[PDB]
Amino acid sequence: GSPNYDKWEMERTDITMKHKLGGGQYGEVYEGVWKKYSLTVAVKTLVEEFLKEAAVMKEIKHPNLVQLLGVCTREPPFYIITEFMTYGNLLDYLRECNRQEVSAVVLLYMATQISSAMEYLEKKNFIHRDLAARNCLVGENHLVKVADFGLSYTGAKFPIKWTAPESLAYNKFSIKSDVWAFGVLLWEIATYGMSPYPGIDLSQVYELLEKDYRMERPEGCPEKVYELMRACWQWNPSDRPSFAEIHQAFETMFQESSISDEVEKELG
Ligand SMILES: Cc1ccc(C(=O)Nc2ccc(CN3CCN(C)CC3)c(C(F)(F)F)c2)cc1C#Cc1cnc2cccnn12
């Protein structure tokens, strides 16, 4: 409505900055308040990389993707402001949870939400590049959203154990290498937050994958979920399923599971 108006730009003074989140495990991400509307938010601060992230996020709007609310990118300090997710990241949520609440149908629900955001990124021709539980956020009622904290892990630093063969070997990243990562995510969900390839050391992973070794079905993981895990770990990226197919599968499993859980809830 005026010459220097930008619909994404907030004023730094709109925001009360509070503590850094997660002991600093997320990097420069703070809790903050958008004082106008009260509202607790999260605020990442710091440069091109930062500007790219802001520019990408403006392009992304989906129920299971952490929602951008504003940026402060006119002058330093640079801010990105997103909605706040009250239970923190998925990996720790799983490690700490009451499995009476975080039951089997919830695990399927978590998987359905994540595949749903990824199908969205797939349709939009984006590539996440670092999909993992540590990168998903949890809110109320097992709401899960996909994020990215640019956390890089061992070219660069790599999360070796979530990384597709063609990405480790040839540096080829794609939505199909996300599909492979999503498969490790499934295993993380299935174990409630166990480290992948337990007991195996990082230097051996590729060679083992190339001999066609894959992680075994976790105790209690449904057969069909494992089927999905292993389809995600097809060696040829072209052989992997789409996130559209993946999300379709999990929704269906999810709906079947809740009929059972609700019923079980009634009886108890
Ligand atoms: C302040 C903040 C800023 C940014 C982001 C963020 O995730 N950025 C993001 C950047 C890019 C992409 C997509 N690209 C990936 C790369 N790829 C190469 C291209 C496509 C996506 C994605 F969600 F779409 F994946 C997200 C999260 C937060 C948070 C927070 C928050 C809220 N509640 C809590 C509770 C505890 C801890 N943190 N926290």
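So for chain A, numbering is the PDB entry's, and the shown residues are 228-273, 280-385, 393-394, 398-511, in order. These numbers come from the heavy atoms of this one structure, side chains and all, not from hydrogens, waters or symmetry mates. When the header is checked for method, it gives X-ray crystallography, 2.2 Å. Counting convention: from 1, in listed order, for ligands and their atoms alike.
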Recorded drug name at ligand 1: ponatinib
Chief binding partner for ponatinib (ligand 1) by contacts (from UniProt): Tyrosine-protein kinase ABL1
Residues within 4.0 Å of ponatinib (ligand 1) (heavy atoms): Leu248, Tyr253, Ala269, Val270, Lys271, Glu286, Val289, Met290, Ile293, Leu298, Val299, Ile313, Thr315, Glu316, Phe317, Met318, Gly321, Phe359, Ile360, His361, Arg362, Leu370, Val379, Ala380, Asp381, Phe382
Ligand-residue contact atoms, ponatinib (ligand 1) with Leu298, heavy atoms, under 4.0 Å: 22 (C), 23 (F), 24 (F)
Heteroatom proximity flag, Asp381 to ponatinib (ligand 1), N/O under 3.5 Å: yes
For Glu316, atoms of ponatinib (ligand 1) separated by under 4.0 Å from a heavy atom: 32 (C)
Distance-only N or O hit between ponatinib (ligand 1) and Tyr253, under 3.5 Å: no
Residues binding ATP per UniProt in chain A, non-hydrogen atom under 4.0 Å from ponatinib (ligand 1): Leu248, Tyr253, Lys271, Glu316, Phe317, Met318, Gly321
Atoms in ponatinib (ligand 1) with a heavy atom of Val299 nearer than 4.0 Å: 6 (C), 7 (O)
Any N/O pair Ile360/ponatinib (ligand 1) closer than 3.5 Å: yes
UniProt active site of chain A: closest residue to ponatinib (ligand 1), heavy-atom distance: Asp363, 6 Å
Numbered atoms of ponatinib (ligand 1) (with element) below 4.0 Å of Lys271, judged on heavy atoms: 1 (C), 3 (C)
Interfacing atoms of ponatinib (ligand 1) (cut-off 4.0 Å, heavy-atom, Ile293): 13 (C), 24 (F)
Test of proximity, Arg362 against ponatinib (ligand 1): N or O pairs below 3.5 Å: no
UniProt domain count leader: chain A with ponatinib (ligand 1): Protein kinase
Proximal ponatinib (ligand 1) atoms for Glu286, defined as those under 4.0 Å from one of its heavy atoms: 4 (C), 5 (C), 6 (C), 8 (N), 9 (C), 10 (C)
Short N or O distance, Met318 and ponatinib (ligand 1), threshold 3.5 Å exclusive: yes
Where ponatinib (ligand 1) meets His361 - atom numbers and elements under 4.0 angstrom, heavy-atom basis: 15 (C), 16 (C), 17 (N), 18 (C), 25 (F)
Proximal atoms of ponatinib (ligand 1) relative to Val270 (non-hydrogen, under 4.0 Å): 1 (C)
